[PDB]
Chemist: 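So that we are looking at the same thing, I have put the structure below in structure tokens.
When a residue number appears, it is its place in the shown sequence, counting from 1. Looking at the header, which is where the method is noted, we find X-ray crystallography, 1.7 Å. First listed ligand is number 1; within each ligand, the first listed atom is number 1. Excluded from the calculations below are hydrogen atoms, water molecules and symmetry mates; all remaining heavy atoms, backbone and side chain alike, are included.
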Amino acid sequence: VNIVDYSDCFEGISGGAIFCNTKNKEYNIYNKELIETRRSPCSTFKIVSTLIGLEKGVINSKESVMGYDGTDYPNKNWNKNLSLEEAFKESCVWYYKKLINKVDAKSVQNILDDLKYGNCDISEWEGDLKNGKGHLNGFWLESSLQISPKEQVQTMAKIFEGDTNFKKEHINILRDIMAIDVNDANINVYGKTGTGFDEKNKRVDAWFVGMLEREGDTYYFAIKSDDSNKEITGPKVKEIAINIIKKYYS
Ligand SMILES: *C(=O)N1C[C@H](NOS(=O)(=O)O)CC[C@H]1C(N)=O
């Protein structure tokens with residue numbers, strides 16, 4: 001366990017980072033207090049909800065659809081019968097809400113318990129209805145479910161090292177749709193962003209969670225901001241993460 005200083009990559013934004021290589025148990029931690037603090041996963045939960053949907057047969061492949069009903073949305077790309085791969089990349093809320101509402105709560109509870117997914121608290125299934133967004137809400141979006149960045153990395157590692165009961169076929173689908181292009185062919189990066197605002201504490205929850213493969217070694221990582229500036233989003237934290245990866249993990 002090495003405590004490290006990634007502050008220059010954060011360019012003044014409050015946050016922390018954790019990178020873990022489970023082969024040689026090398027844990028690299030920037031801002032330990034934050035890395036151990038549980039927060040809503042927001043859209044990073046789509047990593048797990050994709051696997052839940054595949055395991056339960058709600059979806060079956062990166063092509064699978066959820067029966068778009070014509071509802072109007074401001075994001076152009078939500079207004080179509082999009083595939084799993086597209087819904088993941090566009091973070092399409094209606095697709096993932098419809099997916100998860102086909103699964104019984106006991107099944108979700110037991111999968112989260114098996115994964116040790118933070119507090120595993122799905123008590124507020126409907127989500128944070130006081131924000132007015134109605135059915136665009138759920139337990140994983142600034143609501144009952146909370147997970148720390150360290151726990152995110154532990155979950156990512158358990159999934160992608162083959163240590164869960166999820167089918168290998170399904171984990172490979174998730175790998176495919178999480179892959180990102182960082183304009184460096186010598187590292188394979190995979191991940192997912194998330195963005196929320198913590199009304200109680202007046203701070204963002206901005207995430208980039210995933211893994212890095214670099215010639216033999218694999219690092220599971222979570223980058224998290226808790227800045228008070230509402231301009232700090234998941235995509236901004238992904239930029240910070242990529243800067244860290246290129247500086248220290250190339
Ligand atoms: C998930 O965090 N969300 C869904 C969507 N994607 O956000 S992301 O670009 O950070 O991945 C919009 C924000 C958020 C939400 N409001 O539900």
Chemist: What is the recorded name of the drug molecule at ligand 1?
Modeler: avibactam (bound form)
Chemist: Tell me which chain touches avibactam (bound form, ligand 1) most, using the name in the PDB entry.
Modeler: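 Main binding partner here: Beta-lactamase.
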Chemist: Which neighbouring residues and nucleotides define the binding site of avibactam (bound form, ligand 1) at 4.0 Å (non-hydrogen atoms)?
Modeler: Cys42, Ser43, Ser91, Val93, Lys133, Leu141, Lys192, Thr193, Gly194, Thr195, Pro235
Chemist: Quick one: nearest non-hydrogen protein atom to atom 1 (C) of avibactam (bound form, ligand 1), plus distance?
Modeler: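 The answer is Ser43 OG, 1.4 Å.
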Chemist: Quick check on contacts: which atoms of avibactam (bound form, ligand 1) are under 4.0 angstrom from a heavy atom of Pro235?
Modeler: 9 (O), 10 (O)
Chemist: Looking at the deposited structure, to which atom of which residue is there a covalent bond from avibactam (bound form, ligand 1)?
Modeler: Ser43 OG
Chemist: Can you tell me the protein heavy atom closest to atom 8 (S) of avibactam (bound form, ligand 1) and the distance?
Modeler: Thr193 OG1, 3.4 Å
Chemist: Output the list of atoms in avibactam (bound form, ligand 1) that are nearer than 4.0 Å to some heavy atom of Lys192, sorted by atom number.
Modeler: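 This gives 11 (O) as the contact atoms.
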Chemist: Does the entry name an organism for chain A, and if so, which one?
Modeler: Clostridioides difficile
Chemist: Can you tell me the protein heavy atom closest to atom 16 (N) of avibactam (bound form, ligand 1) and the distance?
Modeler: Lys133 NZ, 3.7 Å
Chemist: So is there a nitrogen or oxygen of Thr195 less than 3.5 Å from a nitrogen or oxygen in avibactam (bound form, ligand 1)?
Modeler: yes
Chemist: Checking contacts now, so for atom 5 (C) of avibactam (bound form, ligand 1), which I'm interested in, is there any protein heavy atom under 4.0 Å?
Modeler: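 Yes, at least one protein heavy atom sits under 4.0 Å from atom 5 (C) of avibactam (bound form, ligand 1).
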